[PDB]
4 protein chains.
Amino acid sequence: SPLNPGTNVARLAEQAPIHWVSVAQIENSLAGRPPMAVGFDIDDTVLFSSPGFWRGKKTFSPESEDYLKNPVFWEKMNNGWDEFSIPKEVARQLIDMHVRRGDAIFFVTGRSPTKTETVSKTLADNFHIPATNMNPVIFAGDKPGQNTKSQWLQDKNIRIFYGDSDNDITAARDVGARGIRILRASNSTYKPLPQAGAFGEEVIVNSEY
Amino acid sequence: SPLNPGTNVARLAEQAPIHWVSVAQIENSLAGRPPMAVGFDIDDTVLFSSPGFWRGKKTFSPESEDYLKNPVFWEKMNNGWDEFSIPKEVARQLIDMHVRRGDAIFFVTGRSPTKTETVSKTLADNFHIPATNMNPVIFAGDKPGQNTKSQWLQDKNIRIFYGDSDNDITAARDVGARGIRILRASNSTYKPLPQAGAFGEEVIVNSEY
Amino acid sequence: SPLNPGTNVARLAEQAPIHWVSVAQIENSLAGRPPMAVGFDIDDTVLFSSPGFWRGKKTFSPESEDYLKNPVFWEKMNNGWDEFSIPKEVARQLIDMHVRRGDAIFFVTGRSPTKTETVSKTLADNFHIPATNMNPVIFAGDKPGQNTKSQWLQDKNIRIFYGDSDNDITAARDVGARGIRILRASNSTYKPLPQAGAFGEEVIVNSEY
Amino acid sequence: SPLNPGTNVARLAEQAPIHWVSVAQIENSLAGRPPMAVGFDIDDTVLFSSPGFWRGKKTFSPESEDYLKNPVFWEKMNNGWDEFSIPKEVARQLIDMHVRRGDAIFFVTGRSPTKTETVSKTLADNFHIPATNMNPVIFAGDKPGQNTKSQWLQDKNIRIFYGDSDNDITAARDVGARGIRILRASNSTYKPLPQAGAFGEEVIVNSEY
Ligand SMILES: Nc1ncnc2c1ncn2CCOCP(=O)(O)O
Ligand SMILES: Nc1ncnc2c1ncn2CCOCP(=O)(O)O
Ligand SMILES: Nc1ncnc2c1ncn2CCOCP(=O)(O)O
Ligand SMILES: Nc1ncnc2c1ncn2CCOCP(=O)(O)O
Ligand SMILES: [Mg+2]
Ligand SMILES: [Mg+2]
Ligand SMILES: [Mg+2]
Ligand SMILES: [Mg+2]
């Protein structure tokens, strides 16, 4: 790359044509709507969980992605490594707003199912989710060639789904639900970063933290 | 204002919650829709006309805004000083797009009316608007015998109005047309700059030039 | 281009490695330095003069760049079309600061020399430059294959030179002077926009207006 | 905080007056310079270590900062919780660059000292630092028998110190070393984010990851 690439003011001002929204704008768009089911992706949507994925990679498959298909990894990831996962502020704000609305709150994750899991407790605890709004996390798993989330959004009648991945947005689209994008943080170990806004979907401002 | 204020990455990544759109997105939204009337504000929407307004302020009221109520100024402004106005590329793109659709093109200005005007010719020439799509500039306002921007949009069944000022957006909203915002350039002499998107309207990307 | 290109937060936060400065920072870096000669480029540095260049193009060579070698154009451009040129705020601030310092102020322009010129008066007037700091504009002209400015920076012992063009910065470099970049506005008819910072030079923040 | 705040192009193009640099620019500045001692702060400079700090706050002082004065926390933090810390790519690039130069690599941390520490191994492993360039982590501070970050930089003749906090920059400045700033990530639990560039120091581009 050039040592001194420079810039110009067209470039400095240039905006991607993205429908950006705030939590306040979402809440307003739902004003007077009665309680409904809504859902959240977990990783890079409500939890910065890269710490535990990074430990798993290093412990179980330093050269490859094999750790993500290792049951010994998932058993660690789902039963205590989320103690090191950093809650996202956008998620605190979204979840408070949905509890305010009286909405049923679901978490739908591509993480693999394990014998036991403490993830539901970590989420209920960290985000102050009352018993009545909280539901046990759905571990839909990862199966290339299939969006494992879509069936679950349909089964739970989820009408809004938040996620950082293209699969989160298209799971919502698959069922006619409203898909809303959260920015994956740039220090996530899950790379490349997705193209937020790539489906014409809403993207929440400042949602990387 | 510290000499060395510094910054941080939250501020660097910070986005206003704005519904940004492109010309391509607007065109996409109109696919299959029959020819219709569309409208443009003039100043800082299709022409950077500050050069003529700057000269008029210096010439007719260097220490006030009285030049804007001075018939002598308007006669100059509407009969040749737009030879120094700079066409905005966002407008070239939109007018080409609407002409290709077979839309009727209208211009609705709050400039004071004059005995003669050469602004219609300047616009048809600069923007290569065919005679069949072109319409004489409409001078809207609140002087006796005039109609407001709103009433003209209603009269001409204008379905989409493009403008840089709050009043262009509200004019369209008042009659249920689609108000679409264009950025006023930072070097405009019409200050302060409006808050594009202040009504949750669509704002065109990169529309300051 | 894709209809919905999207973005990510690495891209949103990404900064070119540019030495950005404020007028306050420049003034501080010169604190206690005795009066010296400094110089300014005119076009897109102190004056948004695109109005007159745009009129010249349209009047004299709508299909080409031939107007810039037409003496009939320069005679118009240098004797009254700068009445439509919009002073830049960065230049008001820079020039006030240099007058404060007791600096000798020069304007060095690639515009062609004419029989008479009112540009010096326009500049002295618009920027409130006292007789003692003001010097007549130097019309160095345009001669491909030669930086016509460098000899003049040498002759006048100019120690700091402000400009939007690569030739302004390298004229300063040619003579060991401090070259400082001003952003060309995105609505200028002089395109493409230069790569500000391309020589490792300082670039003044917000200098497009 | 309006629901729909909008924006304008002055704000969109606005740049803080910061001396931004790249790794390539830093390396260029060191061309021909013999091997030397360089230094790195640890937390939010070379490691995103918030995961361990977040767990310690929840574990040892959920409602205060007392965990930072709790020997039990530090013993955990310095003896394994950095397996969940995420290496910053800006640090990989700088350490590789300095190692290739044959520079001595130092780490100077304000973390509390412990009986044993495994952080040196974590850093040498994660960053592939050869034994000949690696040095045991230095724990600096103001406890009896300790020396400050400044005194250690002086002691080890560290010529360049990289850090995210104000105190890293001032430490280097105090002894006449080159203080270079790295952006603290927005999802760090160490808040508020510092104003990188607050002392007119160089700030590395894109250094939040
Ligand atoms: N490196 C990672 N950091 C955080 N989360 C991760 C990482 N790698 C994989 N994941 C999980 C992504 O979620 C799977 P889903 O999108 O199907 O729910
Ligand atoms: N500086 C200016 N002050 C007031 N009006 C101005 C100025 N520059 C241009 N204009 C015209 C704005 O258009 C009026 P409209 O928005 O009613 O069409
Ligand atoms: N379109 C233009 N707008 C403003 N200034 C212009 C334009 N075209 C040419 N110029 C003059 C550029 O200055 C020549 P210099 O950089 O040698 O001083
Ligand atoms: N949340 C935190 N509060 C205080 N210190 C913290 C926190 N997270 C990480 N750290 C360590 C910062 O390093 C201390 P140093 O800058 O003296 O090396
Ligand atoms: Mg995810
Ligand atoms: Mg207007
Ligand atoms: Mg110039
Ligand atoms: Mg630190």
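Lettering of chains follows the sequences in order, A, B, ..., and the numbering in each one begins at 1. FYI, side chains are in, hydrogens and waters are out, and symmetry mates aren't considered; it's all heavy atoms of this structure. First listed ligand is number 1; within each ligand, the first listed atom is number 1.
Located at ligand 2, the drug is listed as adefovir.
The largest share of close contacts with adefovir (ligand 2) comes from the chain named in UniProt as Class B acid phosphatase. With heavy atoms closer than 4.0 Å, the chains neighbouring adefovir (ligand 2) read B. Intersecting the UniProt Mg(2+)-binding annotation for chain B with heavy-atom proximity to adefovir (ligand 2) (under 4.0 Å) gives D41(B), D43(B). Interface of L68(B) with adefovir (ligand 2), defined as ligand atoms under 4.0 Å from a residue heavy atom, comprises 3 (N), 4 (C). Of the heavy atoms in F48(B), none comes closer than 4.0 Å to adefovir (ligand 2).
On a heavy-atom basis, rounded to 1 Å, the UniProt active-site residue of chain B that sits closest to adefovir (ligand 2) is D41(B), 3 Å. With hydrogens left out, the protein atom closest to atom 2 (C) of adefovir (ligand 2) is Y190(B) CD1, 3.4 Å, a heavy atom.
Remark: minimum distance from atom 1 (N) of adefovir (ligand 2) to any protein heavy atom is reached at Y67(B) OH, 3.3 Å.
When heavy-atom distances to adefovir (ligand 2) are checked against a 4.0 Å cut-off, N167(B) comes that close only through its side chain, counted from C-beta outward. Between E65(B) and adefovir (ligand 2), no N or O atom pair is found at a separation short of 3.5 Å. Summary of contacts: the protein heavy atom closest to atom 17 (O) of adefovir (ligand 2) is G110(B) CA, 3.2 Å. Intersecting the UniProt substrate-binding annotation for chain B with heavy-atom proximity to adefovir (ligand 2) (under 4.0 Å) gives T109(B), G110(B), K149(B). Regarding atom 13 (O) of adefovir (ligand 2), its nearest protein heavy-atom neighbour is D43(B) OD2, 3.8 Å.
Contacts with adefovir (ligand 2) closer than 4.0 Å are made by side-chain heavy atoms of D41(B) only, the backbone lying farther away.
For adefovir (ligand 2), one of its N or O atoms has an N or O atom of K149(B) under 3.5 Å away. Entry annotation: the source organism of chain B is Escherichia coli. Counting heavy atoms within 4.0 Å, the binding site of adefovir (ligand 2) comprises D41(B), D43(B), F53(B), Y67(B), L68(B), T109(B), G110(B), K149(B), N167(B), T189(B), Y190(B).
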